[PDB]
Amino acid sequence: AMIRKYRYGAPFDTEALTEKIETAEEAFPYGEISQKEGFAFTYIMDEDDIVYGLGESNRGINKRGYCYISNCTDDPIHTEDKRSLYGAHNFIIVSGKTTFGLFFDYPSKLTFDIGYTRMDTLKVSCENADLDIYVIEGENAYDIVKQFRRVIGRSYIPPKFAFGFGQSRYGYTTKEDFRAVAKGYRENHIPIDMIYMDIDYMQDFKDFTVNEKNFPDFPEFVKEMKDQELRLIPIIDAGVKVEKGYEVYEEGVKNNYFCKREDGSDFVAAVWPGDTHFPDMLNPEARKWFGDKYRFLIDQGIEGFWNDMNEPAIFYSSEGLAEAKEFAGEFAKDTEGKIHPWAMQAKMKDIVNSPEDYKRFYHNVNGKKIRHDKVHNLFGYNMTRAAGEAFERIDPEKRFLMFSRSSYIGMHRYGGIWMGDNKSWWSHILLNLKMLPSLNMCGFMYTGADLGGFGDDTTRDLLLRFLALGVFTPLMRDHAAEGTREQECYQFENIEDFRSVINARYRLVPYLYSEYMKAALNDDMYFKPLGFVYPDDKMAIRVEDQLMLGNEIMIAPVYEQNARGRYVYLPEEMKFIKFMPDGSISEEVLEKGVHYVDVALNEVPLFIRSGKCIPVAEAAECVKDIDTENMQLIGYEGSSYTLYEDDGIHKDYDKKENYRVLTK
Ligand SMILES: OCC(CO)N[C@H]1C[C@](O)(CO)[C@@H](O)[C@H](O)[C@H]1O
């Protein structure tokens with residue numbers, strides 16, 4: 001009753017929603033629609049209007065003031081000018097005098113001009129009027145978000161161990177490499193549950209293989225780690241290497257499971273392995289074949305995965321390569337100065353992730369060929385879906401760790417996401433912060449960023465501040481690019497400061513796991529912008545560098561270099577809490593209004609809301625060992641907290657034994 005659906009043309013069924021909504025008959029209820037130059041929705045915003053949403057996209061929480069294009073892209077440079085990152089999350093909310101929600105169920109290039117051209121004008125446009133638009137009504141943005149979360153279906157739920165801390169690097173290759181990470185962390189009593197495995201663990205970058213020479217008895221090594229409560233999380237790429245004798249490739253060709261050129265030949269894209277083919281992620285039989293392959297790793301005791309390059313990323317195609325070589329030939333023997341070095345540089349740049357390549361291959365959906373650009377934003381989504389559905393077949397009772405880079409709304413049912421290739425920049429702490437609530441509004445609650453920054457060289461202080469935000473993000477992983485300064489916590493002086501910040505995480509795991517489960521089982525948000533919780537407060541609704549978590553706390557991480565604190569605004573009385581590096585917990589009551597708070601490098605801050613309290617465990621070195629029996633309660637007198645807690649492994653969500661009321 002709160003959701004109407006408007007149809008334009010013959011839209012590809014993305015399966016984004018699980019609720020079937022009938023097609024409305026009356027005219028579009030807001031602004032104006034035009035099909036003159038493709039498709040365009042135009043709306044004149046009131047000056048006080050705020051615009052939420054777009055999930056994984058650039059800039060702030062209020063999206064007003066720039067331009068966002070849904071077009072999944074491999075871009076390792078996340079600067080303010082970028083219009084397109086990895087995800088496509090076409091859900092927005094206009095909040096103000098007139099308030100309403102919109103979801104553009106369209107799987108291709110979609111442009112959100114939100115006050116870029118004219119500050120008062122919101123304009124969403126695409127090439128083809130072949131889409132469903134859902135209009136969602138309600139009193140406020142929060143109401144509308146909850147309506148939407150209901151119809152897209154329950155969010156993905158990770159195993160409890162994934163709320164531990166994870167260490168990762170593009171470069172870990174041998175057993176010696178992984179053992180050193182284990183030793184570096186455990187010997188220094190820094191808590192940890194996960195070590196990620198990047199593409200070097202494969203045999204020659206081949207999906208669903210393991211380097212035979214480095215890991216002769218992989219199941220043994222996996223258990224060697226697991227016995228220490230270190231679960232190895234291997235990566236899987238979208239591209240399957242072209243190689244004679246390689247089983248995955250042979251089957252994909254023989255059974256026509258790969259994306260094809262117009263003429264029926266299997267499309268070639270270069271990635272890590274060199275020439276590869278793409279599994280036809282929109283072909284259900286192809287999906288099943290690919291997803292079933294994960295069994296190869298699961299049978300070896302692997303309990304989680306990350307899916308990468310699944311935009312799909314293309315270094316070059318065979319068509320592009322030949323073009324670039326021809327141009328290079330001309331450049332080489334041009335004596336007259338008619339071909340400048342800049343044009344050569346432009347060509348080499350042009351053949352990477354080229355929109356022309358995305359026009360060169362097709363998906364086979366029930367016998368029907370569909371050109372990949374028309375359904376581009378659905379690829380990563382269906383790769384992860386392929387994996388998720390297979391987990392359900394392979395072991396229906398068990399939760400697997402699973403997250404992806406590229407995504408579309410709907411994938412939030414099968415896996416989480418990580419925010420891709422960020423940089424060791426202080427401004428990226430704020431970016432990690434702001435993306436969170438938006439991703440929540442779109443179903444994606446298991447998310448986080450590469451802590452310490454992925455690209456470039458990080459510093460000791462930048463890593464510590466990142467980690468202090470990571471404490472609260474369900475995915476909490478330190479990841480680094482190749483050749484960068486080493487980002488492991490044991491590569492810095494005074495290691496005890498890192499142990500203190502990560503101990504903060506572990507002490508909070510029962511409370512953090514708790515709020516996540518409750519929000520996921522109730523189609524609610526784990527992070528909320530302050531305006532969702534304090535709608536009547538004009539100052540609160542514009543705060544962009546603080547977030548509410550569940551119904552108990554607010555976070556305010558430090559994101560300026562050399563800062564010893566930050567300004568915060570409290571919309572009500574709260575208790576300012578800091579996890580101190582000696583193991584103690586400091587408490588101060590701060591009243592409603594503006595404050596400056598001191599937060600040192602080795603201190604983790606949070607606020608506890610009036611009338612609320614939270615449980616805090618003693619610090620433990622892995623998730624299994626956290627003592628949840630008689631936990632300390634921090635916060636206000638006379639208040640209570642409802643703790644959720646299950647075995648963290650299976651899917652038995654609806655039991656009264658999972659709930660425990662704690663009273664301070
Ligand atoms: O976008 C492509 C590159 C750029 O470094 N990064 C991707 C590949 C990768 O470098 C090796 O597997 C991996 O470590 C990154 O996490 C991933 O985003």
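If you read the sequence from its start, that first residue is 1, and numbering goes on from there. In each ligand, atom 1 is the first atom listed, and ligand 1 is the first ligand listed.
What sits at ligand 1 is the drug voglibose.
In the deposited model, the macromolecule with the most close contacts to voglibose (ligand 1) is named by the PDB entry as Glycosyl hydrolase, family 31.
By chain and number, the binding site of voglibose (ligand 1) at a non-hydrogen cut-off of 4.0 Å is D74, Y170, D198, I199, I235, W272, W306, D308, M309, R405, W418, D421, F454, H479.
At least one N/O-N/O distance between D74 and voglibose (ligand 1) falls below 3.5 Å.
Of all the atoms in voglibose (ligand 1), the ones that sit under 4.0 Å from a non-hydrogen atom of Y170 are 10 (O), 11 (C), 14 (O).
Below 3.5 Å of separation, one finds an N or O of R405 facing an N or O of voglibose (ligand 1). Annotation: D198 places an N or O atom under 3.5 Å from an N or O atom of voglibose (ligand 1); distance criterion only. Where the criterion is an N or O separation shorter than 3.5 Å, residue side chain and backbone included, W418 fails it with respect to voglibose (ligand 1).
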